[PDB]
Amino acid sequence: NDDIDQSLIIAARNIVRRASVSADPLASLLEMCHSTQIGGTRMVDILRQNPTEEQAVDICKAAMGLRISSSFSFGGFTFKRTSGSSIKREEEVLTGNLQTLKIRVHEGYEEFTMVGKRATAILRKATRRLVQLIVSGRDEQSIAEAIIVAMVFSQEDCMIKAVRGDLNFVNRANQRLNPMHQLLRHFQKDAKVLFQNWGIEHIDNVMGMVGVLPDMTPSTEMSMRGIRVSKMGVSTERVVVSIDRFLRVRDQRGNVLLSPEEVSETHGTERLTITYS
Ligand SMILES: O=C(O)[C@H]1[C@H]2CC[C@H](CC2)[C@@H]1Nc1nc(-c2c[nH]c3ncc(F)cc23)ncc1F
Ligand SMILES: O=C(O)[C@H]1[C@H]2CC[C@H](CC2)[C@@H]1Nc1nc(-c2c[nH]c3ncc(F)cc23)ncc1F
Ligand code: NI
């Protein structure tokens, strides 16, 4: 049970990475899934029975019409909506380097939990606004990673304005990343202009919680607008999802739940033998 899961993830990640470089990735992935065995059992038979929710694995499940977790993955983090709703409106925005970006802006009030491996968070947000972020983590590194993802996800104008120079990030297949991911890789290379330009505010010490400044220094006095660090940020609903040619998994409203771009780069050595085509 434990070894099949470890091995299935490794096989799924390899398949999505190989498929993603092909002209029609969906068809490539479907080939490899149907002609791959893990410890002697067929991979499609493992997918039908195994309950693991992982980004590469869930892309493969979707590919063959299996139900998956309704969560979505942004910046490595799993997001579950705990409350509220939104609608979608495409808008042109202008970066700090005067580059147009067409963005599907979400309009509404929504509350989510973010769960990464080294940090978790509660996010509350409105139309192009971070309302509040309560974040936990292992360290300075891991906490800042979660803050950058929440800031980009919020769609705020100060985040858009803090962009410096052009955004032409590409995937392994030489195709441009879509705008939200363009923004995310930019601020993942450097979040300094982002944090400086975000804004600061006075806070009252709720015990358990602390402020954090644009240089990541804690404080009891001030914090970055909306953001508080904490010490412990507190089950699966399977649903039908869709898949396209480029392995983008979507909900019924067309929000991208998963993609090649949200599959972890970790190479790892399988515990049960994996035989490909
Ligand atoms: O995909 C498979 O491995 C099996 C299982 C899971 C999907 C189908 C239903 C059973 C598929 N069944 C069959 N596939 C195929 C088959 C040939 N090339 C393929 N490439 C991708 C694929 F996906 C299925 C196939 N041929 C006869 C079948 F009878
Ligand atoms: O809009 C999309 O197609 C994708 C890409 C950009 C961010 C998410 C992950 C990739 C997004 N997916 C999803 N977003 C959302 C979503 C709700 N409110 C939001 N506000 C801003 C935002 F940015 C995304 C959202 N819900 C479910 C999703 F599944
Ligand atoms: Ni994207």
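Heads up: numbering here begins at 1 and tracks the sequence. Whatever order the structure lists them in is the order used to number ligands and atoms, beginning at 1. These numbers come from the heavy atoms of this one structure, side chains and all, not from hydrogens, waters or symmetry mates.
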Which protein or nucleic acid chain has the most heavy atoms near ligand 1, under its name in UniProt?
-> Polymerase basic protein 2
Ligand 1: drug name = VX-787
VX-787 (ligand 1) binding site (4.0 Å, heavy atoms) | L30, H34, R42, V44, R48
